[PDB]
Amino acid sequence: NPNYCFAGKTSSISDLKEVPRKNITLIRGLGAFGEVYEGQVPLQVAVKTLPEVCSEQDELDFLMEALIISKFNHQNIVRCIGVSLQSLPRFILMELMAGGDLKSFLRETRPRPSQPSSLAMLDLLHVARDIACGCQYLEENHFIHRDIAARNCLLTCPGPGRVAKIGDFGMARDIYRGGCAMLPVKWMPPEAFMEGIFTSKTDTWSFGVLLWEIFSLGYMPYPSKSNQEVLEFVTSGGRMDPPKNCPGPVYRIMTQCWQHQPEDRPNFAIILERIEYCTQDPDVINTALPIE
Ligand SMILES: C[C@@H](Oc1cc(-c2cnn(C3CCNCC3)c2)cnc1N)c1c(Cl)ccc(F)c1Cl
């Protein structure tokens, strides 16, 4: 059984909370490798499954995922309730995030003539703050996520009291121990996709892209550009334009996250400070989002 180290503390498969399989009931499904279900332990959970038809590396990958999420402890990182590894198919049990992933949420909850006031600027700033808080936790514990993106964040509920959390750590899992075409190039800084150099400032760049995703209400970054076109564009100093109706102060946080030199990019303490200032500024939060 592989070991995992986080914050200088080492854990093993023996440290995972094994929940008896008889206590777990699948309720309903919720494309990638494996399925996800809503389940009950009652305690409502999301259940990630490992296909019984998998390789040894798929097994090790699944195990490492369990170890990684079980060792985080922060309000903006999805909780792991436990695992069921002693029966097949193997399960990882997670906090049920009823709002689903952030990208889907943004696309489905866009303001529309039918839902004219579904979202406001403050909703978006709160999501940004939530994920930046999770990112700050990761930074201060020296963990590099490597794929901070809307598709990897989840919401606790659809409604106004929603909290956003980081939910998928597959890329970090892969690196901890795929192909070029699967690399999240549109979320990666130049030194990452060029030299394979990752630091805390890697996630700062990606967070800038997430911010663009949030304020675009769920558009794919770099509209109309392929991965290689983005690589060349960003390497040459190109950056995305502001999302439709994006307040200047918010776009300015994006452009600071996308500084070419990692040393010139803000850490997450500074990002949080700037997001908070935006939330205080009436001219920002009184700005109307586009209606489709
Ligand atoms: C592994 C899986 O986990 C969950 C998915 C979901 C989820 C996905 N979709 N939905 C919908 C269920 C029906 N109502 C709308 C949301 C809920 C909730 N909690 C989870 N822990 C997951 C998925 Cl599927 C996508 C992105 C993520 F970051 C994660 Cl971590």
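What you see of chain A is 1093-1122, 1125-1135, 1144-1279, 1286-1400, where the numbers are those given in the PDB entry. All ligand and atom numbering here is 1-based and tracks the order in the structure.
Of the candidates crizotinib, ketanserin, cefuroxime, asciminib, the one located at ligand 1 is crizotinib. What binds crizotinib most in this entry is, by the naming of the PDB entry, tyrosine-protein kinase receptor. Of all the heavy atoms of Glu1132, none lies under 4.0 Å from any atom of crizotinib, so neither backbone nor side chain is involved. Shown in contact with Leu1122 at under 4.0 Å from a heavy atom are these atoms of crizotinib, numbered in order with element: 9 (N), 12 (C).
The organism that the PDB names for chain A is Homo sapiens. Here's the thing with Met1199: one of its N/O atoms is less than 3.5 angstrom from an N/O atom of crizotinib. Residue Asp1270 touches crizotinib through backbone and side chain together, judged by heavy-atom distances below 4.0 Å.
Counting the atoms of crizotinib from 1 in the order shown, those under 4.0 Å from a heavy atom of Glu1197 are 19 (N), 20 (C), 21 (N). Within the set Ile1179, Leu1256, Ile1183, the minimum heavy-atom distance to atom 5 (C) of crizotinib is found for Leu1256. Around atom 14 (N) of crizotinib, the closest heavy atom drawn from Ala1200, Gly1202, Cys1255 belongs to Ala1200. Heavy atoms under 4.0 Å from crizotinib belong to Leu1122, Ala1148, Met1196, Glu1197, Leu1198, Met1199, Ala1200, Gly1201, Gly1202, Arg1253, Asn1254, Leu1256, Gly1269, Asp1270.
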